[PDB]
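Bound state: Aac(3)-IIIb protein + neomycin.
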Protein chains: 2
Amino acid sequence: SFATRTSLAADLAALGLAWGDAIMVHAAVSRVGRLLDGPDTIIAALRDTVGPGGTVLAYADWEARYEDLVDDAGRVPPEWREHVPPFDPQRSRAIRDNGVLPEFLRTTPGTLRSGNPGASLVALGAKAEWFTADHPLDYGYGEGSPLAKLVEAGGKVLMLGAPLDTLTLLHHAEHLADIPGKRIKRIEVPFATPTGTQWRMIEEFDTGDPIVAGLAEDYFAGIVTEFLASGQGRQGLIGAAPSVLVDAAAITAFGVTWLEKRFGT
Amino acid sequence: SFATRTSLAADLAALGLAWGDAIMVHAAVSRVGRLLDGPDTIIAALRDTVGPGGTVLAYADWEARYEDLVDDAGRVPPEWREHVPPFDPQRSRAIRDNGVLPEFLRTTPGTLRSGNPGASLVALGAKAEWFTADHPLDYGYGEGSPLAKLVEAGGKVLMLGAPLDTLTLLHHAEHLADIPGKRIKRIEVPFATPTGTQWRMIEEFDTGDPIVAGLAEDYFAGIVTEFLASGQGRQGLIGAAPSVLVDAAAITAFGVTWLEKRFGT
Ligand SMILES: NC[C@@H]1O[C@H](O[C@H]2[C@@H](O)[C@H](O[C@@H]3[C@@H](O)[C@H](N)C[C@H](N)[C@H]3O[C@H]3O[C@H](CN)[C@@H](O)[C@H](O)[C@H]3N)O[C@@H]2CO)[C@H](N)[C@@H](O)[C@@H]1O
Ligand SMILES: NC[C@@H]1O[C@H](O[C@H]2[C@@H](O)[C@H](O[C@@H]3[C@@H](O)[C@H](N)C[C@H](N)[C@H]3O[C@H]3O[C@H](CN)[C@@H](O)[C@H](O)[C@H]3N)O[C@@H]2CO)[C@H](N)[C@@H](O)[C@@H]1O
């Protein structure tokens, strides 16, 4: 009646998580079952399974409710500017729309957070410095991004009971997909610098909706389902949670090909 | 349509919070209204109002779900011992039963947390070291406790939209009250030391229920209501939240006298 740090690490090993892996986690903590330490049991079991050579990652994003006040060019009206809290990678809370684990991971001692606010990842472990260094502010889901570094390092993504449409790495596949009609989001973001608040415009492919028209908003779940149905990845229980584990480079290439087949040439 | 760091500090000043105050906060963040930075706007406004000479405090407690496995002497059965996460004052999460603000305060850079797990307070500011140092493990709501140091320093308690029965300092009044039939809670707690897990028995007056029989479980709210009805304390809005501000030494003495009149001699 209690999933422990030991039992969860055993479930993670049986699922496919290995010593030295860089693992990115999307979790629905309620579905794991009753935990002795709450979400920190999940974090501890992941660190135990990958060892000091591994790295645990999560999608942090940023809690910035000021997006309801921007006009049409994405800037902030002058009456609201100095009221918007600027982004500090060490103090800005992770978004909690898709669960509380990224914030729990962000506040775990040793965790590093990248510089692109809306696309920030948290990393804890051996390669946390490289995974979070020099995050390009424009198109933060693309070439120089932590999501690209996860693919390059041969990392893995674990859907720990979370809905399959929340896989952030598939936004990296959307950025890479050579297709037409890609939607773009522009917004101004306040940054905290040792001299005050400095504003800056951010450009990236819009990850608030499907990258192109004609797709259901949860269509990431279909891509993951087809990926598993093709005999790739592994499925199994983590505690009481139905979980999915995929290779980062494989699911990205599968996601790009999924898009380049139905759209473009 | 947006309570800001500036507007909240103005509401706090109008309520009675002053420069240099040591303020302990019980908050219901949802009732404050729409915040630009979430709960961190409340923390920032409190720090702004009290200044670098002040101190912001909250009741942290401890997220320890292992209390359902103890027998009748309060110890942990041998099969569960090494599975229970030990208490680390720097890493143990604050309880979130009465809101998320204590955990947000605990993870704010610079905040210190005291050593008594179940009675731990978080402190951020000038006297955070003294407020959290040398917390007596047995009877942690009594003489050497942060709640007693708050009374000694002339601190204040702010009920920021929270229910009035959640005022932790009234447990210090229960400990001090010279009355009969005081209930006692005993439990064993794992502690993290630089050499491993060390277990220890904790004794204190039971704060999970009224200190004596014959009291409704929310009777703290009646004491606060009588205290305000007697012309003491101040009431007003903090954002959109009906709030209460009281002097720590006054509400404690009023709480003790409230108990010593209806019970004992
Ligand atoms: N969905 C409709 C659209 O949502 C936008 O805002 C959305 C946006 O801020 C935000 O979208 C966020 C992005 O930020 C972030 N960079 C990646 C993350 N996957 C995404 O999340 C969203 O897309 C996922 C599906 N991949 C869903 O599983 C998830 O529940 C959903 N919140 O959530 C809001 C609602 O989804 C705009 N309101 C408007 O373009 C339109 O209303
Ligand atoms: N209430 C019934 C009793 O609750 C106990 O457990 C309780 C205990 O762990 C815990 O009680 C906690 C204490 O820890 C902590 N040290 C101080 C805090 N004010 C108190 O909180 C409790 O008392 C307040 C009223 N002052 C309420 O406002 C609050 O909602 C309530 N959770 O919440 C649990 C439920 O209240 C035991 N289950 C049993 O003795 C009996 O069932």
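Naming convention: chains lettered A, B, ... in sequence-line order (proteins, then strands); numbering from 1 in each chain. Counting starts at 1 for both ligands and their atoms, following the listed order. Just so you know, these numbers use all the heavy atoms, side chains as well, and skip hydrogens, waters and symmetry mates.
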* Give, by letter, every other chain that has a heavy atom closer than 4.0 Å to neomycin (ligand 1). => A
* Region of A:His171 that comes within reach of neomycin (ligand 1) [heavy atoms, distance under 4.0 Å] -> side chain
* Any non-hydrogen protein atom below 4.0 Å of atom 39 (C) of neomycin (ligand 1)? -> no
* Which segment of A:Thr207 sits under 4.0 Å of neomycin (ligand 1) when only heavy atoms are counted -> both
* Asked: Backbone or side chain, does any N or O of A:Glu67 fall under 3.5 Å from an N or O of neomycin (ligand 1)?
  -> no
* State the atoms of neomycin (ligand 1), each with its element, that fall below the 4.0 Å cut-off from a heavy-atom position in A:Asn98. => 30 (O)
* Look up atom 42 (O) of neomycin (ligand 1) and tell me if a protein heavy atom lies less than 4.0 Å from it? => no
* In terms of residue, atom name and distance, what is the protein heavy atom nearest to atom 15 (C) of neomycin (ligand 1)? -> A:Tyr59 OH, 3.4 Å
* Asked: Tell me: protein heavy atom nearest atom 28 (O) of neomycin (ligand 1), and distance?
  -> A:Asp165 OD2, 2.3 Å
* To do: Say whether A:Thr166, considering both its backbone and side-chain N or O atoms, lies within less than 3.5 Å of an N or O atom on neomycin (ligand 1).
  => no
* Asked: So between A:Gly208, A:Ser120, A:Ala216, A:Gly118, whose heavy atom ends up nearest atom 3 (C) of neomycin (ligand 1)?
  -> A:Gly208
* To do: Determine if the distance from atom 26 (N) of neomycin (ligand 1) to the closest protein heavy atom is below 4.0 Å.
  => yes
* **Distance-only N or O hit between neomycin (ligand 1) and A:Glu217, under 3.5 Å** => yes
* Asked: Is neomycin (ligand 1) under 4.0 Å from a heavy atom in the side chain of A:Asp218, in the backbone, in both, or in neither?
  -> neither
* To do: Return a yes/no value: protein heavy atom under 4.0 Å from atom 32 (N) of neomycin (ligand 1)?
  => no
* Asked: Is neomycin (ligand 1) under 4.0 Å from a heavy atom in the side chain of A:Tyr141, in the backbone, in both, or in neither?
  -> side chain
* Asked: Protein heavy-atom contact under 4.0 Å for atom 17 (C) of neomycin (ligand 1)?
  -> yes
* To do: Report all residues and nucleotides of other chains within 4.0 Å of neomycin (ligand 1) (non-hydrogen atoms).
  => A:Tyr59, A:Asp61, A:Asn98, A:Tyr141, A:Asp165, A:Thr166, A:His171, A:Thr207, A:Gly208, A:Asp209, A:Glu217, A:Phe220
